[PDB]
Amino acid sequence: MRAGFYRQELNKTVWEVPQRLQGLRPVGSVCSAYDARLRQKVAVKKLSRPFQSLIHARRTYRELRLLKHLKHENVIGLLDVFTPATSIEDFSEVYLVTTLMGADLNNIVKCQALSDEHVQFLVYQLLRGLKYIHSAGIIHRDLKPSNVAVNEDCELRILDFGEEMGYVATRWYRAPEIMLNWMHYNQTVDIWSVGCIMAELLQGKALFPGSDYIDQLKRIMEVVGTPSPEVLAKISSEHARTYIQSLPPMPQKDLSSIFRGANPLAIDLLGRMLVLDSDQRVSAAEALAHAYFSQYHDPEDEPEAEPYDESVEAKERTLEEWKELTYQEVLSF
Ligand SMILES: Cc1cn(-c2cc(NC(=O)c3ccc(C)c(Nc4nccc(-c5cccnc5)n4)c3)cc(C(F)(F)F)c2)cn1
Ligand SMILES: [Cl-]
(Lines of atoms letter the chains of each structure in order from A; the text may use other names.)
(Lines give C-alpha, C1' and ligand atoms only; values in the text may rest on other atoms or scores of the structure.)
(Ligands and ions follow the chains in the order given, each with its own letter.)
Protein backbone atom coordinates (compact mmCIF):
# COMPACT_ATOMS: atom_id res chain seq x y z
CA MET A 1 0.00 0.00 0.00
CA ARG A 2 1.33 3.45 -1.04
CA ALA A 3 2.07 6.32 1.35
CA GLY A 4 -1.05 8.56 1.62
CA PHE A 5 -3.39 5.54 1.48
CA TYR A 6 -5.34 4.07 4.40
CA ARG A 7 -6.93 0.69 4.88
CA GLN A 8 -10.31 -0.45 6.14
CA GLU A 9 -12.52 -3.53 5.99
CA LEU A 10 -15.97 -3.26 4.43
CA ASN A 11 -18.04 -6.45 4.97
CA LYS A 12 -15.05 -8.84 5.06
CA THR A 13 -13.29 -7.20 2.09
CA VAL A 14 -10.19 -5.00 2.52
CA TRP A 15 -10.21 -1.54 0.83
CA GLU A 16 -6.99 0.49 0.44
CA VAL A 17 -7.67 4.01 -0.81
CA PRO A 18 -6.04 7.46 -0.91
CA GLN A 19 -6.77 10.01 1.82
CA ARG A 20 -8.79 12.10 -0.64
CA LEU A 21 -11.56 9.48 -0.46
CA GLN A 22 -13.45 9.61 2.85
CA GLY A 23 -16.58 8.05 4.37
CA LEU A 24 -16.76 4.85 2.30
CA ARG A 25 -20.16 3.26 2.53
CA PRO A 26 -21.22 0.12 0.58
CA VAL A 27 -23.95 0.92 -1.98
CA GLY A 28 -23.24 -1.80 -2.89
CA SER A 29 -18.15 -4.15 -4.34
CA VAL A 30 -19.27 -0.54 -4.89
CA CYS A 31 -19.16 2.17 -2.22
CA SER A 32 -20.29 5.78 -2.05
CA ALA A 33 -17.66 8.22 -0.78
CA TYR A 34 -16.65 11.89 -0.64
CA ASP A 35 -13.70 12.69 -2.89
CA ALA A 36 -11.95 15.73 -1.31
CA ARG A 37 -9.91 16.45 -4.44
CA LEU A 38 -12.95 16.67 -6.77
CA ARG A 39 -15.06 18.20 -3.97
CA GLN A 40 -18.06 15.95 -4.64
CA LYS A 41 -19.63 12.62 -3.72
CA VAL A 42 -18.46 9.72 -5.93
CA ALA A 43 -18.97 5.94 -6.39
CA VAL A 44 -15.89 3.74 -5.96
CA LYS A 45 -15.63 0.21 -7.29
CA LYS A 46 -12.92 -2.25 -6.25
CA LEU A 47 -12.61 -4.65 -9.15
CA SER A 48 -12.97 -8.35 -8.23
CA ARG A 49 -9.60 -10.19 -8.65
CA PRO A 50 -8.74 -8.24 -11.81
CA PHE A 51 -5.78 -10.52 -12.89
CA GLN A 52 -7.10 -13.89 -11.70
CA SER A 53 -7.27 -15.16 -15.30
CA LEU A 54 -6.82 -13.94 -18.86
CA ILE A 55 -10.55 -13.18 -19.27
CA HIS A 56 -10.65 -11.14 -16.00
CA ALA A 57 -7.54 -9.21 -17.12
CA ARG A 58 -9.10 -8.58 -20.53
CA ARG A 59 -12.37 -7.37 -18.90
CA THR A 60 -10.49 -5.23 -16.40
CA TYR A 61 -8.65 -3.47 -19.22
CA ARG A 62 -11.84 -3.16 -21.27
CA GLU A 63 -13.88 -1.63 -18.44
CA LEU A 64 -11.16 0.94 -17.77
CA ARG A 65 -10.63 1.72 -21.51
CA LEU A 66 -14.34 1.82 -22.34
CA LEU A 67 -15.16 4.23 -19.49
CA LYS A 68 -12.12 6.43 -20.50
CA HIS A 69 -13.65 6.44 -24.00
CA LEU A 70 -17.29 7.11 -23.25
CA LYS A 71 -17.90 10.73 -22.32
CA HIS A 72 -21.56 11.54 -22.34
CA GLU A 73 -24.05 13.18 -19.96
CA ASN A 74 -26.26 10.01 -19.89
CA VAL A 75 -23.49 7.43 -19.31
CA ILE A 76 -21.71 6.91 -16.01
CA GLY A 77 -18.56 9.17 -16.06
CA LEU A 78 -15.10 7.89 -15.06
CA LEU A 79 -13.60 10.46 -12.69
CA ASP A 80 -10.54 8.65 -11.31
CA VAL A 81 -8.66 5.33 -11.32
CA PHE A 82 -6.09 4.19 -8.78
CA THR A 83 -4.17 1.32 -7.31
CA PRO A 84 -2.59 0.89 -3.88
CA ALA A 85 0.31 -0.80 -5.75
CA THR A 86 3.72 0.76 -5.34
CA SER A 87 5.05 -0.97 -8.49
CA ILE A 88 4.15 -3.57 -11.13
CA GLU A 89 5.46 -6.42 -8.85
CA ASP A 90 2.65 -5.82 -6.36
CA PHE A 91 -0.01 -4.60 -8.84
CA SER A 92 -3.04 -6.75 -8.00
CA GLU A 93 -5.98 -4.38 -7.34
CA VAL A 94 -7.77 -1.76 -9.51
CA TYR A 95 -10.25 0.82 -8.22
CA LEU A 96 -12.53 2.92 -10.45
CA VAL A 97 -14.17 6.17 -9.34
CA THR A 98 -17.32 7.55 -11.05
CA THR A 99 -20.20 9.98 -10.70
CA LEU A 100 -22.60 9.06 -7.88
CA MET A 101 -26.31 9.65 -8.63
CA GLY A 102 -29.14 9.83 -6.04
CA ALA A 103 -30.73 6.38 -6.67
CA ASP A 104 -31.54 3.73 -9.31
CA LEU A 105 -34.72 3.26 -11.35
CA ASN A 106 -36.03 0.53 -9.01
CA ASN A 107 -35.98 2.97 -6.14
CA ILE A 108 -37.88 5.48 -8.25
CA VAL A 109 -40.66 2.98 -9.27
CA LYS A 110 -41.01 1.57 -5.77
CA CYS A 111 -41.43 5.04 -4.16
CA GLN A 112 -43.50 6.86 -6.85
CA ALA A 113 -46.13 6.48 -9.56
CA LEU A 114 -44.31 8.40 -12.33
CA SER A 115 -46.06 11.18 -14.30
CA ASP A 116 -46.10 10.75 -18.11
CA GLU A 117 -43.78 13.78 -18.33
CA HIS A 118 -41.24 12.13 -16.08
CA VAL A 119 -41.41 8.91 -18.07
CA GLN A 120 -40.79 10.94 -21.27
CA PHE A 121 -37.73 12.62 -19.80
CA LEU A 122 -36.27 9.38 -18.32
CA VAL A 123 -36.68 7.27 -21.45
CA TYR A 124 -35.47 10.18 -23.58
CA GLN A 125 -32.16 10.27 -21.68
CA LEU A 126 -31.84 6.48 -21.67
CA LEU A 127 -32.18 6.52 -25.49
CA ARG A 128 -29.83 9.49 -25.85
CA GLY A 129 -27.14 7.70 -23.86
CA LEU A 130 -27.89 4.51 -25.84
CA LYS A 131 -27.52 6.34 -29.19
CA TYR A 132 -24.04 7.35 -28.04
CA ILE A 133 -23.08 3.87 -26.80
CA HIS A 134 -24.29 2.24 -30.06
CA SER A 135 -22.50 4.80 -32.23
CA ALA A 136 -19.32 3.63 -30.51
CA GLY A 137 -20.03 0.05 -31.80
CA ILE A 138 -20.71 -1.07 -28.19
CA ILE A 139 -23.66 -3.30 -27.12
CA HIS A 140 -24.71 -2.83 -23.46
CA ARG A 141 -26.43 -6.25 -23.23
CA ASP A 142 -27.65 -5.84 -19.59
CA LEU A 143 -29.98 -2.79 -19.51
CA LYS A 144 -32.35 -3.13 -16.59
CA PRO A 145 -33.53 -0.75 -13.82
CA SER A 146 -30.63 -1.50 -11.47
CA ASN A 147 -28.15 -0.40 -14.21
CA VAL A 148 -29.75 3.04 -14.57
CA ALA A 149 -28.96 5.68 -11.96
CA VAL A 150 -31.06 8.82 -11.48
CA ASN A 151 -30.99 12.04 -9.37
CA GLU A 152 -33.96 13.76 -7.61
CA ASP A 153 -34.28 15.96 -10.74
CA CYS A 154 -34.62 12.89 -13.00
CA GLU A 155 -31.18 13.27 -14.62
CA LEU A 156 -30.16 9.81 -15.69
CA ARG A 157 -26.96 7.85 -16.41
CA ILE A 158 -26.47 4.35 -17.83
CA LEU A 159 -24.03 2.08 -15.97
CA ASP A 160 -23.19 -1.64 -15.87
CA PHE A 161 -22.71 -3.27 -12.48
CA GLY A 162 -21.66 -6.51 -14.15
CA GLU A 163 -29.86 -13.83 -6.23
CA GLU A 164 -31.97 -14.22 -3.03
CA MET A 165 -31.10 -10.76 -1.54
CA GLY A 166 -33.34 -5.74 -4.07
CA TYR A 167 -32.21 -8.23 -6.76
CA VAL A 168 -33.28 -7.42 -10.36
CA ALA A 169 -33.15 -10.35 -12.81
CA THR A 170 -31.50 -9.81 -16.20
CA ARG A 171 -33.88 -12.50 -17.36
CA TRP A 172 -36.82 -10.08 -17.20
CA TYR A 173 -35.21 -7.55 -19.61
CA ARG A 174 -33.23 -9.76 -21.99
CA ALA A 175 -34.08 -9.78 -25.73
CA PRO A 176 -35.70 -13.12 -26.80
CA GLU A 177 -32.94 -13.69 -29.43
CA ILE A 178 -30.34 -13.69 -26.64
CA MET A 179 -32.51 -16.09 -24.57
CA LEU A 180 -32.94 -18.38 -27.63
CA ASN A 181 -29.18 -18.51 -28.23
CA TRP A 182 -29.18 -16.65 -31.57
CA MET A 183 -25.42 -16.46 -32.27
CA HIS A 184 -25.55 -13.20 -34.28
CA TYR A 185 -27.55 -10.78 -32.12
CA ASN A 186 -26.64 -7.11 -32.45
CA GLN A 187 -27.31 -3.75 -30.74
CA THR A 188 -31.12 -4.00 -31.16
CA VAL A 189 -31.04 -6.32 -28.10
CA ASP A 190 -30.68 -3.08 -26.07
CA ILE A 191 -33.86 -1.62 -27.62
CA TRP A 192 -35.88 -4.60 -26.36
CA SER A 193 -34.53 -3.90 -22.87
CA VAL A 194 -35.42 -0.18 -23.14
CA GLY A 195 -39.01 -1.23 -24.16
CA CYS A 196 -39.18 -3.41 -21.03
CA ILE A 197 -37.88 -0.53 -18.85
CA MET A 198 -40.29 2.03 -20.30
CA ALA A 199 -43.24 -0.39 -19.83
CA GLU A 200 -42.26 -0.75 -16.21
CA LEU A 201 -42.03 3.05 -15.69
CA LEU A 202 -45.49 3.44 -17.18
CA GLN A 203 -47.27 0.64 -15.20
CA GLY A 204 -45.15 0.67 -11.98
CA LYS A 205 -44.33 -3.04 -12.28
CA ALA A 206 -42.21 -5.28 -14.48
CA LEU A 207 -43.76 -6.23 -17.83
CA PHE A 208 -42.35 -9.80 -18.20
CA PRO A 209 -41.35 -10.97 -14.68
CA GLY A 210 -40.58 -14.64 -15.65
CA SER A 211 -39.95 -17.00 -12.74
CA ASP A 212 -37.65 -19.11 -15.00
CA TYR A 213 -36.60 -19.48 -18.64
CA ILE A 214 -39.75 -21.17 -19.99
CA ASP A 215 -42.06 -18.87 -17.98
CA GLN A 216 -40.12 -15.88 -19.38
CA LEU A 217 -40.73 -17.05 -22.96
CA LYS A 218 -44.43 -17.82 -22.31
CA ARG A 219 -44.98 -14.32 -20.92
CA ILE A 220 -43.28 -12.68 -23.89
CA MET A 221 -45.13 -14.71 -26.55
CA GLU A 222 -48.45 -14.00 -24.80
CA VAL A 223 -48.00 -10.30 -25.49
CA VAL A 224 -46.00 -10.08 -28.76
CA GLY A 225 -47.59 -13.16 -30.33
CA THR A 226 -45.91 -16.45 -31.49
CA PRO A 227 -43.48 -15.77 -34.39
CA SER A 228 -43.85 -17.26 -37.88
CA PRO A 229 -41.51 -20.20 -38.60
CA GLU A 230 -39.53 -17.80 -40.83
CA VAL A 231 -39.02 -15.26 -38.03
CA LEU A 232 -38.41 -18.02 -35.44
CA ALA A 233 -35.56 -19.21 -37.71
CA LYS A 234 -33.68 -15.88 -37.41
CA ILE A 235 -34.01 -15.37 -33.66
CA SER A 236 -32.95 -18.78 -32.30
CA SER A 237 -30.55 -21.69 -32.41
CA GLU A 238 -31.65 -25.06 -33.83
CA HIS A 239 -32.07 -26.50 -30.33
CA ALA A 240 -33.90 -23.48 -28.79
CA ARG A 241 -36.51 -23.56 -31.56
CA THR A 242 -38.37 -26.48 -29.86
CA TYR A 243 -39.00 -24.37 -26.71
CA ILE A 244 -41.06 -21.99 -28.86
CA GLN A 245 -42.64 -24.65 -31.14
CA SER A 246 -43.96 -26.58 -28.09
CA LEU A 247 -45.94 -23.57 -26.77
CA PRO A 248 -49.54 -23.30 -27.99
CA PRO A 249 -49.79 -20.54 -30.67
CA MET A 250 -50.65 -17.12 -29.18
CA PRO A 251 -51.92 -14.10 -31.13
CA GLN A 252 -50.29 -10.72 -30.77
CA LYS A 253 -52.17 -8.62 -28.11
CA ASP A 254 -53.13 -4.99 -28.62
CA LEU A 255 -50.67 -2.96 -26.50
CA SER A 256 -53.42 -0.36 -26.07
CA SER A 257 -55.28 -2.92 -24.01
CA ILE A 258 -52.25 -3.73 -21.87
CA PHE A 259 -51.36 -0.08 -21.21
CA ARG A 260 -54.89 1.26 -20.76
CA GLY A 261 -54.73 4.90 -19.88
CA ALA A 262 -51.11 5.49 -21.13
CA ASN A 263 -50.29 8.28 -23.56
CA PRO A 264 -51.12 6.78 -26.99
CA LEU A 265 -47.68 8.00 -28.15
CA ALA A 266 -46.05 5.87 -25.42
CA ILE A 267 -48.01 2.84 -26.66
CA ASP A 268 -47.01 3.56 -30.28
CA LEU A 269 -43.29 3.72 -29.44
CA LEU A 270 -43.48 0.56 -27.24
CA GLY A 271 -44.89 -1.33 -30.25
CA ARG A 272 -41.76 -0.39 -32.21
CA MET A 273 -39.45 -1.76 -29.47
CA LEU A 274 -41.16 -4.92 -28.19
CA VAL A 275 -41.03 -6.98 -31.42
CA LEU A 276 -39.25 -10.27 -32.05
CA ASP A 277 -37.94 -9.41 -35.55
CA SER A 278 -34.89 -7.11 -35.11
CA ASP A 279 -35.32 -5.54 -38.60
CA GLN A 280 -38.47 -4.04 -37.22
CA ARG A 281 -37.13 -2.56 -33.97
CA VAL A 282 -36.60 1.20 -33.96
CA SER A 283 -32.93 2.31 -33.53
CA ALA A 284 -32.05 4.53 -30.48
CA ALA A 285 -31.30 7.38 -32.95
CA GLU A 286 -34.71 7.08 -34.65
CA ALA A 287 -36.56 6.61 -31.38
CA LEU A 288 -35.33 10.04 -30.17
CA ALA A 289 -37.21 11.58 -33.07
CA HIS A 290 -40.54 10.03 -31.94
CA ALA A 291 -43.33 12.46 -31.00
CA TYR A 292 -43.40 10.96 -27.48
CA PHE A 293 -40.12 12.95 -26.95
CA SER A 294 -41.15 16.15 -28.69
CA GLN A 295 -40.76 18.04 -25.40
CA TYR A 296 -37.05 17.08 -25.22
CA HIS A 297 -35.83 16.18 -28.71
CA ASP A 298 -32.96 18.30 -29.96
CA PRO A 299 -31.03 16.87 -33.01
CA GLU A 300 -28.00 19.14 -32.34
CA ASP A 301 -27.67 17.92 -28.74
CA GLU A 302 -27.85 14.13 -29.27
CA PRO A 303 -24.17 13.41 -30.04
CA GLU A 304 -22.42 10.37 -31.59
CA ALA A 305 -19.27 8.74 -30.20
CA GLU A 306 -15.99 7.91 -31.91
CA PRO A 307 -15.91 4.12 -32.73
CA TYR A 308 -14.43 2.15 -29.88
CA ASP A 309 -11.34 0.39 -31.37
CA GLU A 310 -11.10 -3.21 -30.11
CA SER A 311 -7.68 -3.93 -31.78
CA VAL A 312 -5.46 -3.72 -28.65
CA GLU A 313 -7.63 -5.64 -26.24
CA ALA A 314 -8.40 -8.35 -28.82
CA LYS A 315 -4.72 -9.26 -29.48
CA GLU A 316 -3.50 -12.45 -27.78
CA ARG A 317 -1.18 -11.72 -24.85
CA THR A 318 -0.03 -13.35 -21.59
CA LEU A 319 -1.42 -12.50 -18.13
CA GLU A 320 1.89 -10.67 -17.40
CA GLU A 321 1.47 -8.51 -20.54
CA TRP A 322 -2.14 -7.69 -19.50
CA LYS A 323 -0.89 -6.49 -16.11
CA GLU A 324 1.75 -4.25 -17.73
CA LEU A 325 -0.74 -2.76 -20.22
CA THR A 326 -3.40 -2.17 -17.54
CA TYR A 327 -0.78 -0.74 -15.08
CA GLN A 328 0.17 1.86 -17.68
CA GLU A 329 -3.55 2.68 -18.24
CA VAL A 330 -4.06 3.12 -14.50
CA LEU A 331 -1.01 5.35 -14.09
CA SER A 332 -1.92 7.44 -17.11
CA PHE A 333 -5.24 8.51 -15.68
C1 LIG B 1 -15.96 -5.58 -19.31
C2 LIG B 1 -17.06 -4.53 -19.51
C3 LIG B 1 -17.35 -3.56 -18.66
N4 LIG B 1 -18.37 -2.86 -19.22
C5 LIG B 1 -18.97 -1.76 -18.71
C6 LIG B 1 -18.69 -1.39 -17.41
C7 LIG B 1 -19.24 -0.23 -16.83
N8 LIG B 1 -18.91 0.13 -15.57
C9 LIG B 1 -19.69 0.91 -14.74
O10 LIG B 1 -20.85 1.23 -15.02
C11 LIG B 1 -19.13 1.39 -13.40
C12 LIG B 1 -17.78 1.26 -13.03
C13 LIG B 1 -17.33 1.75 -11.80
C14 LIG B 1 -18.22 2.41 -10.95
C15 LIG B 1 -17.74 2.96 -9.60
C16 LIG B 1 -19.55 2.57 -11.32
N17 LIG B 1 -20.41 3.20 -10.50
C18 LIG B 1 -21.53 2.66 -9.99
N19 LIG B 1 -21.73 1.32 -9.92
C20 LIG B 1 -22.83 0.81 -9.40
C21 LIG B 1 -23.82 1.69 -8.91
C22 LIG B 1 -23.61 3.08 -9.01
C23 LIG B 1 -24.59 4.03 -8.58
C24 LIG B 1 -25.86 3.59 -8.13
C25 LIG B 1 -26.82 4.55 -7.73
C26 LIG B 1 -26.48 5.91 -7.81
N27 LIG B 1 -25.28 6.32 -8.27
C28 LIG B 1 -24.33 5.42 -8.65
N29 LIG B 1 -22.46 3.53 -9.54
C30 LIG B 1 -20.01 2.06 -12.55
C31 LIG B 1 -20.08 0.58 -17.62
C32 LIG B 1 -20.36 0.23 -18.94
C33 LIG B 1 -21.32 1.11 -19.79
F34 LIG B 1 -22.55 1.08 -19.40
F35 LIG B 1 -21.00 2.38 -19.78
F36 LIG B 1 -21.38 0.68 -21.00
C37 LIG B 1 -19.80 -0.93 -19.51
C38 LIG B 1 -18.66 -3.40 -20.41
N39 LIG B 1 -17.83 -4.43 -20.59
CL1 LIG C 1 -4.91 9.56 -9.36
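FYI, the numbering just counts along the sequence from 1. Computed from heavy atoms alone, side chains included, the values below leave out hydrogens, waters and symmetry copies. For ligands, and for the atoms within them, numbers begin at 1 and follow the listed sequence. Looking at the header, which is where the method is noted, we find X-ray crystallography, 1.9 Å.
Drug at ligand 1 (options pranlukast, nilotinib, omadacycline): nilotinib. Short version: main partner of nilotinib (ligand 1), named per UniProt, is Mitogen-activated protein kinase 11.
Remark: nilotinib (ligand 1) atoms within the under-4.0 Å shell around heavy atoms of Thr98 are 13 (C), 14 (C), 15 (C), 16 (C), 17 (N). Closest to atom 10 (O) of nilotinib (ligand 1) among all protein heavy atoms lies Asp160 N, 2.8 Å. Taking each of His56, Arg65, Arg58, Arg59 in turn, the one with a heavy atom nearest to atom 1 (C) of nilotinib (ligand 1) proves to be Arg59. When the heavy atoms of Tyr95, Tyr61, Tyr132, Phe161 are ranked by distance to atom 21 (C) of nilotinib (ligand 1), first place goes to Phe161.
The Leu100 neighbourhood of nilotinib (ligand 1) comprises atoms 27 (N), 28 (C), with distances under 4.0 Å to a heavy atom of that residue. Counting the atoms of nilotinib (ligand 1) from 1 in the order shown, those under 4.0 Å from a heavy atom of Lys45 are 13 (C), 14 (C), 15 (C). The source field of the entry for chain A reads Homo sapiens.
UniProt domain boundaries put most chain A contacts with nilotinib (ligand 1) inside Protein kinase.
My check of the UniProt nilotinib-binding residues in chain A for heavy atoms under 4.0 Å from nilotinib (ligand 1) returns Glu63. Counting heavy atoms closer than 4.0 Å to nilotinib (ligand 1), residue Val75 contributes side-chain atoms (C-beta onward) but none from N, CA, C or O. Among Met101, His140, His72, the residue whose heavy atom lies closest to atom 28 (C) of nilotinib (ligand 1) is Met101.
Rounded to 1 Å, the minimal heavy-atom separation between nilotinib (ligand 1) and the UniProt active site of chain A occurs at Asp142, 8 Å. Here the protein heavy atom with the shortest distance to atom 29 (N) of nilotinib (ligand 1) is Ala43 CB, 3.7 Å.
The contact residues of nilotinib (ligand 1), taking heavy atoms under 4.0 Å, are given as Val30, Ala43, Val44, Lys45, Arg59, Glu63, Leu66, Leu67, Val75, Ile76, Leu96, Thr98, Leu100, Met101, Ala103, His140, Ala149, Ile158, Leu159, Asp160, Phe161.
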Protein N/O near nilotinib (ligand 1) N/O, under 3.5 Å, which pairs?
{"from": "nilotinib (ligand 1)", "atom 1": "8 (N)", "to": "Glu63", "atom 2": "OE2", "distance (Å)": "2.8"}
{"from": "nilotinib (ligand 1)", "atom 1": "8 (N)", "to": "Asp160", "atom 2": "O", "distance (Å)": "3.3"}
{"from": "nilotinib (ligand 1)", "atom 1": "10 (O)", "to": "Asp160", "atom 2": "N", "distance (Å)": "2.8"}
{"from": "nilotinib (ligand 1)", "atom 1": "10 (O)", "to": "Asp160", "atom 2": "O", "distance (Å)": "3.4"}
{"from": "nilotinib (ligand 1)", "atom 1": "17 (N)", "to": "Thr98", "atom 2": "OG1", "distance (Å)": "3.0"}
{"from": "nilotinib (ligand 1)", "atom 1": "27 (N)", "to": "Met101", "atom 2": "N", "distance (Å)": "2.8"}
{"from": "nilotinib (ligand 1)", "atom 1": "27 (N)", "to": "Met101", "atom 2": "O", "distance (Å)": "3.4"}

